[PDB]
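Opening remarks: the structure here includes fosfomycin (bound form).
Chain A is the first sequence line, chain B the second, and so forth, proteins listed ahead of strands; every chain is numbered from 1. We count ligands from 1, going down the list as the structure has it; atoms in each ligand are counted the same way. Just the heavy atoms: all of them, side chains too, but no hydrogens, waters or symmetry mates, feed the values below.
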Number of protein chains: 4
Amino acid sequence: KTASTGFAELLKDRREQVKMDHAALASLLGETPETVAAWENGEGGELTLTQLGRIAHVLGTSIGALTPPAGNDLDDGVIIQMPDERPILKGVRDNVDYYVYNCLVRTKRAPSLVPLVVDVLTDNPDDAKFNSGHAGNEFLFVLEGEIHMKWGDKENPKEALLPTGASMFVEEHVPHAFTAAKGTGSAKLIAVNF
Amino acid sequence: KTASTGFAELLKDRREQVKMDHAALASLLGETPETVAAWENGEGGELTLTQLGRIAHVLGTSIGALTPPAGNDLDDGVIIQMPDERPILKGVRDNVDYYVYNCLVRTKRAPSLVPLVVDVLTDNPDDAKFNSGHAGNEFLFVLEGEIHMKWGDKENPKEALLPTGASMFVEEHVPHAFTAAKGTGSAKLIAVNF
Amino acid sequence: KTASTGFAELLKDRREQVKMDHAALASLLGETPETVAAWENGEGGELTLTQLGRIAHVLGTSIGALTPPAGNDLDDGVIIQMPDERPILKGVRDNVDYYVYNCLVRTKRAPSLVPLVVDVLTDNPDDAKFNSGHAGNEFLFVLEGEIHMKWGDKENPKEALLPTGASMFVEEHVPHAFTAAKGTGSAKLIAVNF
Amino acid sequence: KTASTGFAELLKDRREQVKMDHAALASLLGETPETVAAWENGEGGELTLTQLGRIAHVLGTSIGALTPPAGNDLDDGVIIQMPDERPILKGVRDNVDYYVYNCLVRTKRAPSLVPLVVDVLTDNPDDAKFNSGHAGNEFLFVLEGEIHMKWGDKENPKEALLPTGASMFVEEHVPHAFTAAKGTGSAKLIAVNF
Ligand SMILES: CC[C@H](O)P(=O)(O)O
Ligand SMILES: CC[C@H](O)P(=O)(O)O
Ligand SMILES: CC[C@H](O)P(=O)(O)O
Ligand SMILES: CC[C@H](O)P(=O)(O)O
Ligand SMILES: [Fe+2]
Ligand SMILES: [Fe+2]
Ligand SMILES: [Fe+2]
Ligand SMILES: [Fe+2]
């Protein structure tokens, strides 16, 4: 569905549930009832983010509540990604090639799902670079080599030396950091954020 | 919070969780990395609904996921409405004054909460006008008089004669209709959609 | 649905999603595979709360996850309560008849919905008795008289004199207290927790 | 927390939100007010599943609502699993060694997370054995060899030959089946249910 059509149907839904008519709503917004009716007819495409903010406010709700869901990109409930179409993204922390993100399949039917094959470039734990924790839990699996894992307080953290085949879970907002085992050059792991 | 600032922070959050940088994102959108950086700096206010649709799509998520929540209009967790500031809205079904909606307090911290004092104008059950059911459950309480309630199939519905003080619950999407008891003139009830 | 049958189906579901068979599960619990199979066949009725605790633990989940939902008590999506079948419950704070709760309709399809007609017995604000705030938001409507509302810090609270017909919203965990307006004897309000 | 203590605190919470006192609740259950008070004091451990069913019913809610959450087994937000402590479970479909499940790390803070390394034993697509779809989405990654994937209608399904390194997503309730590519002997993949 388009932003316009989704908005058109949801706006009408919301307007009706708070008992307003085109006239009533048009008044609170300083618009004409025809304008409002136009939106409800799919002509809202050029409304600005700020204007959408006002409409949501007047309807005592959020912009998200008035916009359609992510959408559906599945092929009969499935979506596949070949190994050569994986987007690559160099990760840099403190002007260093820390990670290399090879992005796996993603779908608008589960936006929070972000699976990655991560090349861990550095192999000096003492130079581990912490992220500040992030929303969503994360599942990890060591694909190759040994990983030196660090989590918690970046000043005084807990650590773990993980052999190939190990698997771990990091709750959301828990700060963590990885490097390959001391001197082993590099390691590789699968990270699934969900 | 504004639409612009909320968008700016959420866009950055999302861009980072799918591992893209300004360059990567700017490319999929056919924009310049400076443009994207501008959005992330609160300058997205004039983006159109349709453009927001594209950005969401490229980031494999929804517009709602990139926009801030409804907002907070409470006064230390509370919000009050005096009886004279209630918005009134005449309800018309089949060119008739069916209901009269007196809207009670609402808050952006619970958008689905829509409480109403409803004047039931007609008193001829045989002329009951059905709504087609709606999202969200609804709690009813008969404030004055007797209500003749109808729900289910509008062709062959179930009925109930409700005395003052009665209370009922209607699950979402269950079509219903009300009128005052046969010949009793009018009735009044409290309807709380949540 | 029964506790036994719901448990039987959900236990099997969970056992299968963690890839265990009767033997595997029976082992972690110190039971025989036949015992486990019995549970999955509706014979778990006499399992104790503590035993259910162990089963949940071994299956790394909660007891709730292994038990059926509240159930359905609706009559085609609706449930009605006549004014004379309302359960009455005297409310006492500091050995005083503070409130009188007349409980309205409730349903297992929305357990959090607790609507009440509350008789406010005291009319001395200075003797207001605070609750410590509670889970779930609450919608209030003054049915009769004047209410003296208090919320926030019980040591230094905010106040509001509410006329008949006023409506208010109290967010969850916000401590509040009510009495009838100073010297007006008593008042009455509708309180809907959802 | 224990089943007993969690129940004790939640029962009290629920009893209070529906305005009942020990006497009122004890009456609907055919128990003594002291009995009820005992439960609220952690002595409910021996209550049977069926009895818990009644208590939930009387309180118009679910057993889950009266029992504590799964619990917390993390070590400062993290939990690790070494490759040799992975529980193994042979998978059999039609009296054949179809799969071999090597279970990875799991946590009570995300019960729906069930990650597995799956050895795909058969390599004859024509003999693919379908599951009937299951709750929860699933992320797959081909670890070794080639997988012949099948999903949808088991009578007339869609197929995909997946090379090592491919990744896929299967929405919940979509029936699927895997085997190694025709004649290639065996394959191995990572399956993450969340
Ligand atoms: C293995 C990748 C890490 O979890 P990130 O969330 O990118 O810091
Ligand atoms: C009393 C008003 C009815 O519930 P509606 O939802 O407007 O049809
Ligand atoms: C009117 C009753 C109050 O809201 P309580 O939640 O009982 O303190
Ligand atoms: C790869 C394993 C399958 O997805 P299952 O859910 O076990 O049938
Ligand atoms: Fe991470
Ligand atoms: Fe309605
Ligand atoms: Fe309250
Ligand atoms: Fe599966």
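- Tracing fosfomycin (bound form) through the model gives ligands 1, 2, 3 and 4.
- Of all chains here, the one making more contacts with fosfomycin (bound form, ligand 3) than any other appears in UniProt as (S)-2-hydroxypropylphosphonic acid epoxidase.
- Every other chain with a heavy atom under 4.0 Å from fosfomycin (bound form, ligand 3) is named here: C, D.
- Proximity to fosfomycin (bound form, ligand 3) (heavy atom under 4.0 Å) is shown by these UniProt Fe cation-binding residues of chain C: C:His134, C:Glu138, C:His176.
- For fosfomycin (bound form, ligand 3), other ligands and ions under 4.0 Å: ligand 7 (FE (II) ION).
- Result for chain C: of the UniProt substrate-binding residues, fosfomycin (bound form, ligand 3) comes within 4.0 Å (heavy atoms) of C:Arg93, C:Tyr101, C:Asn131, C:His134, C:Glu138.
- The shell of residues around fosfomycin (bound form, ligand 3) (heavy atoms under 4.0 Å) is C:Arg93, C:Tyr99, C:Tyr101, C:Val118, C:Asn131, C:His134, C:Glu138, C:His176, C:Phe178, D:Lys19.
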